[PDB]
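Here is the structure we will look at.
Residues 29-293, in that order, are what chain A shows, numbered as in the PDB entry. Just so you know, ligand 1 is whichever comes first in the structure, and atom 1 is the first atom listed for that ligand.
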Amino acid sequence: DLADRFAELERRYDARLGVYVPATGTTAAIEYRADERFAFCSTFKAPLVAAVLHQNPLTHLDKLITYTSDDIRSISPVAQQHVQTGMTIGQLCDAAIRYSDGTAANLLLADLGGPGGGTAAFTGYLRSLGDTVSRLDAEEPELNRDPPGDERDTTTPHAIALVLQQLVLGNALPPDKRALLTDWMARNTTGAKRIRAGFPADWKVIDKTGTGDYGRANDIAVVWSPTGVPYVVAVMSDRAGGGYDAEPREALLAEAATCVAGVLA
Ligand SMILES: CO/N=C(\C(=O)N[C@@H]1C(=O)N2C(C(=O)O)=C(CSc3nc(=O)c(=O)[nH]n3C)CS[C@H]12)c1csc(N)n1
């Protein structure tokens, strides 16, 4: 049925596809390799912002953090323009979500403190939401480079979709803080050609992307039908058959999204 098209898309692009849509009151759950482990990549930056907000009052957003050029390890379109001025935590939240800024994600992890530069505290945050499967061990850019089969810095479409459901649709955050997280994801600038490109234009899409080596390309989203019904969609992919230098395929994540839309309609 639907698993034959996902398995078909896997064949067309030479990839491994993981899909999960948590069931609503009227629609059942969509699952394709939903419980297989995939690599977080940049998708952790969205629930990471929720950890910082959950721990501190809104006044913490105005605290300024200064850094040096030696701290810039990865793609950081915004952090590279502020080495002399510094950035406040709120701006680091903005950069980490809407621009996938890697340095801003590393600084926010250090704000969580603790061993591993904050990775153990971040894993602790996911456990508080009920996720006992996911784990973050390294920072940018090392967390995108773990070999296949290595369970470090991994999650599942099942686990990540339910985490995002609580932050956007649930009560994981108070309403004022919940408003800040959704707005940033709503004005994200990196996902134009993935889940957004698969749904019709009159469906609202907010998302956070992820990309790494071994052809890894992820997108996590909450979408709204024209009538206003919300759905959470997790799509993850890798192409380990082509090794470290595998080229990611954004078209695979658009096709899979369209398949999901034809079922939810
Ligand atoms: C939703 O994204 N769509 C985009 C897009 O990527 N736009 C960006 C976005 O959100 N932008 C923002 C900002 O962060 O506010 C800005 C702010 S840029 C900026 N403001 C400052 O105050 C400053 O000191 N320095 N800089 C550089 C404008 S473009 C961009 C787009 C590009 S072409 C097109 N048709 N759409």
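The molecule at ligand 1 is the drug ceftriaxone. Within 4.5 Å of ceftriaxone, most heavy-atom pairs belong to the chain that the PDB entry identifies as Beta-lactamase. With a heavy-atom cut-off of 4.0 Å, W212 does not touch ceftriaxone at all. Source organism (PDB) for chain A: Mycobacterium tuberculosis.
At a distance under 4.0 Å, no protein heavy atom can be found next to atom 26 (N) of ceftriaxone. Residue contacts with ceftriaxone, taken as heavy atom pairs separated by less than 4.0 Å, do not involve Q109 at all.
Note that atom 32 (C) of ceftriaxone has no protein non-hydrogen atoms nearby, at separations under 4.0 angstrom.
Of the options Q119, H110, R126, the smallest heavy-atom separation from atom 10 (O) of ceftriaxone is shown by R126. In this structure, atom 2 (O) of ceftriaxone is in close contact with the protein, since a protein heavy atom lies within 4.0 Å of it.
Of all protein heavy atoms, the one lying nearest to atom 7 (N) of ceftriaxone is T217 CG2, 4.3 Å. Atom 21 (C) of ceftriaxone is never approached by the protein to below 4.0 angstrom, counting heavy atoms only. Nearest protein heavy-atom contact of atom 16 (C) of ceftriaxone is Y127 OH, 4.4 Å. Per-atom contact check: atom 12 (C) of ceftriaxone touches the protein, criterion being a heavy-atom distance below 4.0 Å. A heavy-atom separation below 4.0 Å is found between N216 and ceftriaxone.
Neighbouring residues of ceftriaxone under 4.0 Å (non-hydrogen atoms) are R126, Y127, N216, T217.
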Distances for all N or O pairs of ceftriaxone and the protein under 3.5 Å?
{"residue": "ceftriaxone", "atom": "10 (O)", "partner": "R126", "partner atom": "NH2", "Å": "2.3"}
{"residue": "ceftriaxone", "atom": "11 (N)", "partner": "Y127", "partner atom": "OH", "Å": "3.0"}
{"residue": "ceftriaxone", "atom": "14 (O)", "partner": "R126", "partner atom": "NH1", "Å": "3.1"}
{"residue": "ceftriaxone", "atom": "14 (O)", "partner": "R126", "partner atom": "NH2", "Å": "3.1"}
{"residue": "ceftriaxone", "atom": "14 (O)", "partner": "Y127", "partner atom": "OH", "Å": "3.1"}

